[PDB]
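The structure to be discussed contains zanamivir.
Note on naming: letters A, B, ... go to the chains in the order of the sequence lines (proteins, then strands), and numbering restarts at 1 for each one. In each ligand, atom 1 is the first atom listed, and ligand 1 is the first ligand listed.
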4 protein chains.
Amino acid sequence: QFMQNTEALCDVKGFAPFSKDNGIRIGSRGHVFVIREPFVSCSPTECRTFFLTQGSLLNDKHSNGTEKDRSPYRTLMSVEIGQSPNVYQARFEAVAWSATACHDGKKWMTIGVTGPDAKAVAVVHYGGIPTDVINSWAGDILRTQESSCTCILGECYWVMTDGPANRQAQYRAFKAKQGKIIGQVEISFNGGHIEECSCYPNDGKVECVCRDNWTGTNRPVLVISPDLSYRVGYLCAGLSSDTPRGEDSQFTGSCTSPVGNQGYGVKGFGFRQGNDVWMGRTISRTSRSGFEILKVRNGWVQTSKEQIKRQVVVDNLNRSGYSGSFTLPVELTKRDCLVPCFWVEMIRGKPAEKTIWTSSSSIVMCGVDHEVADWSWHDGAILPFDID
Amino acid sequence: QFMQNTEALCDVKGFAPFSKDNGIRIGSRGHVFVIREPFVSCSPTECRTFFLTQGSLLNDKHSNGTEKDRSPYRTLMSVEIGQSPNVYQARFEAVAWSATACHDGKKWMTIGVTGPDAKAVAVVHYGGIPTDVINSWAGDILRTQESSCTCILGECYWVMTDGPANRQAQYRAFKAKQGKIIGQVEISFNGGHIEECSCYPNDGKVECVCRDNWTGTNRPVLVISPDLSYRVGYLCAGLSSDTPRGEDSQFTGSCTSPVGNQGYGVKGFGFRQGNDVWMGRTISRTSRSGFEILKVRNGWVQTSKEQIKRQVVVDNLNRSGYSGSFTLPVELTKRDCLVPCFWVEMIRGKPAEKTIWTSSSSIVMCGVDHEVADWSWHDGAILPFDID
Amino acid sequence: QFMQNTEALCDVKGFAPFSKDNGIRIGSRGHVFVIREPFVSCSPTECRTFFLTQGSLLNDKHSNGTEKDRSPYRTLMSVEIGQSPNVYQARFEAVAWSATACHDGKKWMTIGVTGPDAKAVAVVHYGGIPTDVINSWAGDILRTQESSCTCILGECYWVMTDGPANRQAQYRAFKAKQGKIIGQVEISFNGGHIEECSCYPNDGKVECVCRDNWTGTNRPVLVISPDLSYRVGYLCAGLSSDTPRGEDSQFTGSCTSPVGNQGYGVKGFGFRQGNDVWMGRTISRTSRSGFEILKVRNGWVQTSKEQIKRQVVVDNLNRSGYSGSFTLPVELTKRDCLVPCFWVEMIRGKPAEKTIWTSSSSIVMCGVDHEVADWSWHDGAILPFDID
Amino acid sequence: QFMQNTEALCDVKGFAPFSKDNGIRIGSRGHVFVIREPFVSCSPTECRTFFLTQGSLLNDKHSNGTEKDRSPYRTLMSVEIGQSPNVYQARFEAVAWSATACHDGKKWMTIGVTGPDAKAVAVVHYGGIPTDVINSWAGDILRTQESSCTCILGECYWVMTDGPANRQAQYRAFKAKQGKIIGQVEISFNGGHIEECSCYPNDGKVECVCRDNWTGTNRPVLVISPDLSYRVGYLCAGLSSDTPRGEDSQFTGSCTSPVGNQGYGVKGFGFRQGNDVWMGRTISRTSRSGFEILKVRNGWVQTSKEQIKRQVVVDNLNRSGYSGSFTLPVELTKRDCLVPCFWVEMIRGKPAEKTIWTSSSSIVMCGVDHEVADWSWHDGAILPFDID
Ligand SMILES: *[C@@H]1O[C@H](CO[C@@H]2O[C@@H](C)[C@@H](O)[C@@H](O)[C@@H]2O)[C@@H](O)[C@H](O)[C@H]1NC(C)=O
Ligand SMILES: *[C@@H]1O[C@H](CO[C@@H]2O[C@@H](C)[C@@H](O)[C@@H](O)[C@@H]2O)[C@@H](O)[C@H](O)[C@H]1NC(C)=O
Ligand SMILES: *[C@@H]1O[C@H](CO[C@@H]2O[C@@H](C)[C@@H](O)[C@@H](O)[C@@H]2O)[C@@H](O)[C@H](O)[C@H]1NC(C)=O
Ligand SMILES: *[C@@H]1O[C@H](CO[C@@H]2O[C@@H](C)[C@@H](O)[C@@H](O)[C@@H]2O)[C@@H](O)[C@H](O)[C@H]1NC(C)=O
Ligand SMILES: CC(=O)N[C@H]1[C@H]([C@H](O)[C@H](O)CO)OC(C(=O)O)=C[C@@H]1NC(=N)N
Ligand SMILES: CC(=O)N[C@H]1[C@H]([C@H](O)[C@H](O)CO)OC(C(=O)O)=C[C@@H]1NC(=N)N
Ligand SMILES: CC(=O)N[C@H]1[C@H]([C@H](O)[C@H](O)CO)OC(C(=O)O)=C[C@@H]1NC(=N)N
Ligand SMILES: CC(=O)N[C@H]1[C@H]([C@H](O)[C@H](O)CO)OC(C(=O)O)=C[C@@H]1NC(=N)N
Ligand SMILES: [Ca+2]
Ligand SMILES: [Ca+2]
Ligand SMILES: [Ca+2]
Ligand SMILES: [Ca+2]
């Protein structure tokens with residue numbers, strides 16, 4: 001039986017710690033993969049942590065980062081949520097330097113994108129084998145979520161980008177059923193930029209909160225229906241959630257336009273909560289450091305700056321990275337609704353830190369019906385390592 | 001089908017060795033987690049060893065114990081009983097520096113407590129995901145068993161503490177059904193102190209034998225019914241079972257009062273045997289060393305000092321630690337009754353020993369119908385290690 | 001239920017990357033077996049990577065290659081496709097310095113050949129145990145595919161050789177049902193030489209494209225029917241696919257005769273595509289380096305040199321090795337046809353490279369309905385290693 | 001459903017190599033347990049290799065053999081046949097310095113014996129938990145097979161010894177059903193000595209071929225019926241199969257008496273083959289080196305020295321050790337009969353070799369319907385190791 005995921009997303013008051021894998025700590029001595037872009041996604045039986053290795057291990061000569069962010073050795077693998085991304089526990093998924101995965105109730109789907117910059121190949125797997133391919137249509141680093149995709153009535157949905165890092169690119173959503181792409185849509189968004197979407201199911205549609213890497217310190221929101229009609233705009237809330245971003249007191253929300261006058265960004269998430277929203281961001285507006293989650297009243301519908309909750313997960317003295325959304329299935333929680341959860345990546349090493357390598361660890365939070373007190377579940381690795 | 005666990009506890013004449021994981025020995029070269037508080041608990045299919053890592057490994061720089069007894073890196077994981085708590089065999093359970101786990105016949109429940117001292121969060125998991133949360137209610141190191149909890153008719157029971165280490169604190173029991181707390185009770189015990197309970201099912205109720213960390217060299221007994229009425233007092237037997245404790249010939253039992261004029265303690269267990277009892281304690285009254293089990297006649301009901309059996313499991317030249325209770329399910333043993341078993345932790349390293357780290361190994365004994373001869377299944381690691 | 005595999009092979013326009021295990025890279029620090037001859041084969045549930053260890057690990061003193069290409073320590077093991085051939089993930093199959101494996105829909109069959117050169121023993125396993133034996137019939141290095149065998153209606157088929165490396169030998173096919181050899185045929189091929197066949201099912205027969213190690217720069221084709229009648233000849237296409245081979249513009253195809261005036265070779269594959277063919281070969285005509293796949297029009301039936309597609313998988317600056325064929329089952333793909341896939345081995349170390357050891361890694365491609373752009377998924381290990 | 005194992009043992013013409021785990025080779029760099037006494041036994045699904053660790057690893061300081069042959073750290077564990085006895089693949093069975101295991105069709109039974117020399121405890125496990133205990137009855141190193149026990153109609157049978165190494169001891173057989181000892185028999189054998197039996201099912205009875213450690217260079221045979229009546233005597237064949245033993249031309253068989261004038265021995269096996277026998281022995285009469293198997297005509301019933309087959313498995317330049325018997329179940333082979341198989345242990349290290357440690361590897365042979373050529377599948381580890 002295929003997962004419905006047509007339930008409303010639960011309205012959540014705080015987030016409880018789910019897991020912490022301590023990858024880098026363990027990887028000081030154990031045999032753990034160098035990774036980046038480690039997202040969480042769930043089947044009806046288990047939550048798995050997916051990650052992109054660089055085909056090398058921590059504390060090995062091959063972790064040296066003379067290589068490309070995309071390389072031939074990179075692969076998408078997985079472990080049960082909470083395990084480190086270690087060699088001996090790892091499930092191979094796809095060849096990939098960008099990916100998305102998600103379970104339809106019967107099987108894992110997975111899409112790893114690899115090949116050259118000018119002509120990337122994304123390969124859909126299903127049941128553990130290649131079932132379909134989507135080639136670069138715009139010739140410039142075909143790419144996708146680096147977080148969970150989203151399946152609704154046994155059909156699966158994901159967002160990809162192809163084009164410039166730093167100016168107008170091109171954006172499609174895809175629709176798959178059992179590893180066969182049965183539909184796509186070209187997403188009109190001129191002046192806006194979309195990458196790395198964080199998507200989750202809500203009341204029968206896919207909702208995404210993505211990264212604008214061109215002009216905007218606010219994140220695009222893309223809401224896609226089963227049949228592929230969509231709405232695109234920006235996160236309405238009167239707070240900024242990208243980094244780098246400006247001050248809060250320097251910032252006016254927009255439902256329709258990137259605001260703030262900066263490039264770059266980072267991947268992140270957020271959850272529609274009726275008309276409200278929970279929105280993650282780094283505590284530093286200049287760096288990938290600290291992580292907070294902010295609940296804003298009416299922030300999904302209006303340029304509100306009514307904050308009603310804030311909850312810190314990583315302190316501003318400690319590294320963070322990417323963050324992304326996912327939901328717990330009803331077959332696991334037995335609820336009326338879909339439980340929202342996020343992961344945070346905690347990037348360690350060069351250039352920030354004086355090592356030859358760069359990796360990432362993670363912690364996973366989930367929505368609960370009781371507020372939850374601040375703390376920091378940071379990465380905690382003592383750098384530099386022996387190989388350095 | 002949910003486990004009944006309404007059977008009487010079997011009356012046992014001695015204990016047979018079940019397992020020995022040799023964690024520290026193996027961890028001299030293999031990749032094994034630094035741990036403490038490793039308890040045993042069983043499902044209808046298997047017995048698992050749960051433990052709290054410190055997010056580091058043996059013989060790695062991160063085992064250095066500049067960290068807190070509670071830290072952000074600590075997690076609850078598990079392995080099949082008898083496996084070392086090694087990276088590659090480990091099942092992630094919860095983020096935790098204190099925990100309890102137990103199986104209801106369908107799934108594992110688990111509760112890991114983490115967060116700051118002033119405002120801890122305990123998160124109930126069920127089927128491998130967060131299902132509920134109980135925040136610190138008294139603001140001072142929310143905490144629980146570090147041994148198996150107890151499920152009876154698909155409902156699960158555990159004891160937590162919140163408050164001072166060394167004076168009056170506050171004590172609640174909780175009742176869960178499929179990871180949802182459906183009931184709690186505030187345990188009146190003025191002048192007495194309760195932590196780290198060792199609990200097991202017996203004739204339809206939970207029985208616990210706990211740690212008093214304030215005034216008492218005798219252990220509290222808490223017996224809790226399905227509907228959460230309870231009895232609380234002290235282990236009646238005319239022997240002391242905490243450490244530090246006084247002499248035996250200096251000691252008068254009490255059913256109602258801590259006796260002996262000392263603080264601190266250690267976690268331990270014991271089994272009601274009709275009106276008799278089996279009671280573990282360290283052989284040293286001053287240190288966490290050696291381990292014995294003593295059967296006392298009428299010791300559960302009267303301040304008896306009629307010892308009828310004694311069985312040594314670790315010699316007084318060798319380190320011990322915590323001990324705790326659990327039962328074998330009827331689906332595994334095919335008996336009329338619930339088989340009592342205990343584990344013992346064998347704590348190695350600083351401050352006792354000259355190393356940077358501190359860990360724990362374990363051995364597991366179970367009740368059998370034949371007396372069993374003394375011996376020592378001590379930890380056996382040659383210290384100090386290379387990292388030292 | 002036994003697999004049919006009576007479907008036609010799908011007509012494929014390009015090949016998508018399936019996996020990359022990065023064995024040697026990972027094996028720089030992780031505990032990975034030294035191997036050679038790593039082929040892929042699939043069951044109705046999963047694709048597995050099989051390989052022949054040399055009973056030693058990477059970066060260990062025992063990888064020193066004073067040993068024989070065939071030795072007593074060599075064994076056939078397996079891992080899920082994409083895992084490195086690491087100790088802790090490895091499934092033991094057979095004792096072997098040559099092997100073939102394949103799934104009949106119920107169980108894995110496997111045949112490992114071991115023993116002395118003059119009197120080898122090949123042992124058929126089935127369900128994970130020895131079920132039958134075929135001894136050397138010609139006294140000179142009994143041997144077989146080093147790739148997947150082929151089961152059709154619950155019956156399994158494989159090709160072996162016994163005789164000289166470099167002159168006329170002797171060639172049998174075998175037919176097994178549930179690990180019991182129920183039929184064999186002596187393959188008349190005077191002047192031709194056959195080793196290491198790459199075989200796959202197509203329209204109810206086994207098709208193979210093999211290695212001639214005596215006179216021929218073209219590969220033999222052997223097509224075997226259920227009842228063991230066969231056709232044998234050479235790959236008709238007007239391109240050469242062995243190495244070492246001559247120039248393309250120096251080369252005339254033959255359906256019936258080895259052409260090109262050289263010894264040695266390498267194992268490789270190819271796919272009948274109606275009357276066309278896909279044919280792998282190394283890009284270097286002198287060395288085991290680079291890997292391409294070429295589609296030739298009418299190349300299965302005529303000495304065509306009409307190339308219609310070419311796709312590079314490993315660049316001519318990088319090592320390759322063996323290649324072999326396999327198909328995805330219908331129980332996995334849900335197609336009308338059998339999906340063709342190949343693996344490539346990427347041999348590293350001595351004598352080519354200045355190390356004491358020699359190993360192999362792999363990448364796996366599969367047939368898809370969209371052309372696919374060139375790139376190189378080479379092995380990427382920085383040599384020499386520490387043990388060197 | 002419980003296994004019958006009431007079929008006659010198959011009449012076998014040679015033995016084919018089944019597995020080779022290369023434990024010591026792999027253990028030079030990988031994390032593998034120091035072990036001794038590694039036997040094979042099978043369930044309806046799989047063959048497992050059981051072994052007794054010394055709670056330490058290869059190439060670790062703890063492999064130093066200042067310890068006892070029996071120690072507190074020793075444990076019985078298992079791996080799938082062919083895997084090395086490595087930490088990360090190992091299944092914990094029992095605490096043990098002597099053991100026996102065997103599957104009844106539903107579950108594994110296992111008996112590990114531990115505790116002091118003067119008062120050993122043997123603990124029966126079943127389904128992965130302690131179910132029963134047999135204490136030392138004669139006060140002198142209670143002990144058992146170190147090979148597979150034997151279950152017939154869901155009932156299980158094993159032989160133990162208690163008493164002197166080197167003079168008259170005492171010998172019982174036990175009968176278990178689902179981990180509960182339901183019967184035992186005291187085995188009258190005055191002047192004879194019995195240890196370490198190698199037992200297998202045949203035509204509804206247990207047959208064993210054991211070790212006499214007192215006076216006899218011939219092995220005792222014990223045949224035990226379901227209801228525990230038994231026959232005991234010696235291997236009739238006119239060849240000797242213990243080591244140390246005398247010359248063959250110096251030796252007269254006996255059905256009833258130890259012959260040859262020596263102490264010590266080694267564990268080994270043999271198979272009734274109608275009236276004939278296959279009998280293993282070391283090739284050296286003075287040392288644990290080389291291994292052969294000999295088929296003797298009428299050798300089970302008469303003091304025959306008609307040898308009809310011989311097959312070498314390990315050469316006389318290479319170390320051997322213990323050997324033992326087991327059968328493949330009908331649920332795996334689909335035969336009319338029970339397939340005989342043996343394992344051989346290949347003991348490496350001190351005192352023989354200049355190291356601090358001592359371990360064992362293994363190879364497994366099985367009976368097949370075709371003669372099989374000589375060779376040597378010896379252990380192949382280059383000694384001494386780094387820790388030495
Ligand atoms: C890390 O790698 C550094 C740069 O290496 C050089 O450039 C790369 C692209 C390769 O071509 C490499 O083979 C070249 O040597 C080295 O300078 C440095 O030694 C490395 N450090 C360590 C610790 O391995
Ligand atoms: C163990 O750690 C000792 C104390 O470290 C110092 O204090 C802690 C809290 C950290 O701030 C650490 O970074 C500081 O240096 C060290 O003195 C000692 O070097 C360590 N020993 C080993 C073997 O790693
Ligand atoms: C690799 O092995 C080389 C050759 O070893 C010699 O010949 C082989 C067949 C054995 O008999 C071996 O024991 C002999 O010493 C050695 O010369 C060399 O030391 C080895 N290198 C390493 C790094 O182990
Ligand atoms: C191996 O062990 C040798 C003997 O050790 C001594 O006696 C044993 C029973 C223990 O008491 C031990 O602690 C004593 O030192 C040592 O002489 C030797 O150093 C050891 N060798 C290695 C390589 O560890
Ligand atoms: C395909 C690709 O390389 N994606 C990048 C991503 C990218 O640079 C920007 O979004 C520009 O398009 O940035 C980052 C990043 O840390 O910012 C990591 C991702 N790395 C990987 N997914 N491997
Ligand atoms: C929550 C907490 O830190 N619990 C402690 C416990 C505690 O110090 C006393 O019981 C005072 O309340 O003591 C000990 C101890 O060894 O005595 C270990 C436990 N460590 C862990 N559970 N991590
Ligand atoms: C049985 C055997 O040793 N087969 C060889 C094979 C062989 O040398 C030629 O085909 C001549 O018959 O060559 C090669 C090779 O790389 O060319 C590897 C194979 N190695 C292994 N299969 N182990
Ligand atoms: C219980 C015990 O220690 N059994 C011994 C066994 C024993 O010395 C003789 O049979 C005398 O009774 O000998 C040997 C041996 O190699 O000869 C190994 C066994 N070691 C272990 N099973 N651990
Ligand atoms: Ca931006
Ligand atoms: Ca106390
Ligand atoms: Ca050739
Ligand atoms: Ca003898």
- Item | All copies of zanamivir | ligands 5, 6, 7 and 8
- Query: Counting heavy-atom pairs under 4.5 Å, which macromolecule has the most such pairs with zanamivir (ligand 6), as named in the PDB entry?
  - Reply: Neuraminidase
- Task: Name every other chain with any non-hydrogen atom less than 4.0 Å from zanamivir (ligand 6).
- Result: B
- Message: Less than 4.0 Å from atom 19 (C) of zanamivir (ligand 6), is there any heavy atom belonging to the protein?
- Response: yes
- Just heavy atoms, cut-off under 4.0 Å: does B:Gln145 contact zanamivir (ligand 6) by side chain, backbone, both, or neither? neither
- Task: Please work out whether any backbone atom (N, CA, C, O) or any side-chain heavy atom from C-beta onward of B:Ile141 is under 4.0 Å from zanamivir (ligand 6), and answer side chain, backbone, both or neither.
- Result: side chain
- Message: Counting non-hydrogen protein atoms only, what is the nearest one to atom 15 (C) of zanamivir (ligand 6)? Give residue, atom name and distance.
- Response: B:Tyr322 OH, 3.1 Å
- Query: Which residue supplies the protein heavy atom nearest to atom 10 (O) of zanamivir (ligand 6), what is that atom called, and how far is it?
  - Reply: B:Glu195 OE1, 2.9 Å
- Looking at B:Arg288, which atoms of zanamivir (ligand 6) are within less than 4.0 Å of one of its heavy atoms? 15 (C), 16 (O), 17 (O)
- Query: Hey, does B:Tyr264 come in under 3.5 Å of zanamivir (ligand 6), counting only N/O atoms on both sides?
  - Reply: yes
- Task: Look only at interatomic distance and state if B:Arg143 has a nitrogen or oxygen under 3.5 Å from any nitrogen or oxygen of zanamivir (ligand 6).
- Result: yes
- Proximal zanamivir (ligand 6) atoms for B:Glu196, defined as those under 4.0 Å from one of its heavy atoms: 6 (C), 10 (O)
- Query: Below 4.0 Å from any atom of zanamivir (ligand 6), is there a heavy atom belonging to B:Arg74?
  - Reply: yes
- Among protein heavy atoms, which sits nearest to atom 2 (C) of zanamivir (ligand 6), and what does the distance come to when rounded to 0.1 Å? B:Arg70 NH1, 3.9 Å
- Message: Would you look up which organism the entry lists as the source of chain B?
- Response: Influenza A virus (A/harbor seal/Massachusetts/1/2011(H3N8))
- Message: For atom 8 (O) of zanamivir (ligand 6), is there a protein heavy atom at a distance under 4.0 Å?
- Response: no
- Which residues of the other chains approach zanamivir (ligand 6) to under 4.0 Å (heavy-atom distance)? B:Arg36, B:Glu37, B:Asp69, B:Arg70, B:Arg74, B:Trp97, B:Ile141, B:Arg143, B:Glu146, B:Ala165, B:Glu195, B:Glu196, B:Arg211, B:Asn213, B:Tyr264, B:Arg288, B:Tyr322
